[PDB]
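Here, estradiol is shown bound to HTH-type transcriptional regulator MtrR.
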Amino acid sequence: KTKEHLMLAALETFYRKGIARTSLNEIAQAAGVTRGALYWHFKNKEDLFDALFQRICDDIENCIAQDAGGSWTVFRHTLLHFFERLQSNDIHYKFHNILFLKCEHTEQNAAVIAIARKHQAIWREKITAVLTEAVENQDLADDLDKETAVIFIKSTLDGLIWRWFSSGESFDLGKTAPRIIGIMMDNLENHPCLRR
Amino acid sequence: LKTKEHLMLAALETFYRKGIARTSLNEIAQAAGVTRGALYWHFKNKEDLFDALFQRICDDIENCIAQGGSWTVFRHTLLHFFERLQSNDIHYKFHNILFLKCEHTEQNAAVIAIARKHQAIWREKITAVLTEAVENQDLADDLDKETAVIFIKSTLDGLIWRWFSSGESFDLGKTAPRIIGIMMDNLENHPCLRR
Ligand SMILES: C[C@]12CC[C@@H]3c4ccc(O)cc4CC[C@H]3[C@@H]1CC[C@@H]2O
Ligand SMILES: C[C@]12CC[C@@H]3c4ccc(O)cc4CC[C@H]3[C@@H]1CC[C@@H]2O
């Protein structure tokens, strides 16, 4: 509860001031913990961020058993569960808020950004594996262009998150995300321009 | 009106290298090789430079429309917008700043409000293209236009965001037309965008 208390203080501070303008010492103030104890648990600020990203991912994967007839069906559930969690889980809300809006791509953030890309590369391969299992079960056609489909998926879903935050949550994500996900899946299943 | 454009581009250039939050007027005026006062005459603050930059992006897009049916004109304008992102350094840098170097902190609050104003304008313009397209029967009378405009913007936002934040990992020239085609098809045919 010491290591956790520090990450939530990192998250709360990142959300307030942004990643670049946040210091390993002002995180200590929020957590109310000596810097040597902080250094005990994490080397530097990228570490706090890497742990926040890992917690987000753990939460998604831990629920996948509870989301799970067939794996392409599980994907649908996991996508829908993701967007509900954005609304109702304050940790996932703030973290994605930070990732899309509070993490500017300047040299000051270079190390944090490389951490983001490590986790996104893991997610990119998660998608490929799901597409691959789905072709094998014949939920997707055998000539599905998997490299293109992966860009299409990340593009479609990133766009909805970006739009939602940028608008200031000015539309109902609970009604809109299922429409968007519905259209996307239909396109992966049926549209010719995602075939090789 | 040519002094204004030189001050504007020094800001765009400085915003691109440092981001908006860390740029100061001093550095802009320096980059432009003019005094603080002379900059101040044309532009009071960074908000006003960013606003003018955003205004010039929109002017470029609108001027090229002026040179089929409007629903066909829309498709062409989406396609050319993404070509322009590759081949036009000002549209590249600007959208790079808007999506990657425009943090949503309190110091940037005024710039963000600027950005929302222009995004609102574009939303109204998209809403009109959909309204005209319906009456010309390029889209169905039953088209859910409120959802459709969210759908169009997040489709395009997603491409731009994904291309910039991945370090331009894929070829926008092959990807953008394929995304825009699929979008166009869904607007015309997908039943999720109706009723
Ligand atoms: C699509 C995203 C990457 C891939 C993620 C994934 C990847 C595999 C999987 O089985 C489920 C999910 C759900 C959340 C998805 C993410 C939501 C937004 C992000 O871009
Ligand atoms: C979707 C955007 C706003 C609406 C823009 C528009 C709005 C109306 C129109 O007739 C054409 C275009 C092309 C470019 C579009 C933009 C590309 C990026 C921007 O977010």
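By convention here, the chains are lettered A, B, ... following the listed order of sequence lines. We number chain A the way the PDB entry does; in order, the residues shown are 10-77, 82-209. Chain B is numbered as in the PDB entry; shown residues: 9-75, 82-209, in order. Remember, it's 1-based here, ligands and their atoms both numbered in the order they're listed. How was it done? The header gives X-ray crystallography, 2.4 Å. These numbers come from the heavy atoms of this one structure, side chains and all, not from hydrogens, waters or symmetry mates.
- With heavy atoms closer than 4.0 Å, the chains neighbouring estradiol (ligand 1) read A.
- Around estradiol (ligand 1), within 4.0 Å by heavy-atom distance, are found A:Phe88, A:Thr91, A:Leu92, A:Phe95, A:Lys139, A:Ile140, A:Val143, A:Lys167, A:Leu170, A:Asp171, A:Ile174.
- The entry attributes the origin of chain A to Neisseria gonorrhoeae.
- Set against the non-hydrogen atoms of A:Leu170, the atoms of estradiol (ligand 1) under 4.0 Å away are 1 (C).
- The A:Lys139 neighbourhood of estradiol (ligand 1) comprises atoms 7 (C), 8 (C), with distances under 4.0 Å to a heavy atom of that residue.
- Protein heavy atom at the shortest distance from atom 13 (C) of estradiol (ligand 1) is A:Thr91 CG2, 3.6 Å.
- Atom 20 (O) of estradiol (ligand 1) has its closest protein heavy atom at A:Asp171 OD1, 2.9 Å.
- In this structure, atom 6 (C) of estradiol (ligand 1) lies nearest to the protein heavy atom A:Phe88 CE1, 4.3 Å.
- Applying the 4.0 Å criterion to heavy atoms of A:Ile140 picks out, from estradiol (ligand 1), the atoms 3 (C), 4 (C), 7 (C).
- For estradiol (ligand 1), the polar-atom distance check finds no N/O of A:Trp136 at less than 3.5 Å from any of the ligand's N/O atoms.
- It turns out that no other ligands or ions are under 4.0 Å from estradiol (ligand 1).
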One pair per line, please: each N/O atom of estradiol (ligand 1) matched with every protein N/O atom under 3.5 Å away, atom names first, then the distance to 0.1 Å.
unit_1	atom_1	unit_2	atom_2	d
estradiol (ligand 1)	20 (O)	A:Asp171	OD1	2.9

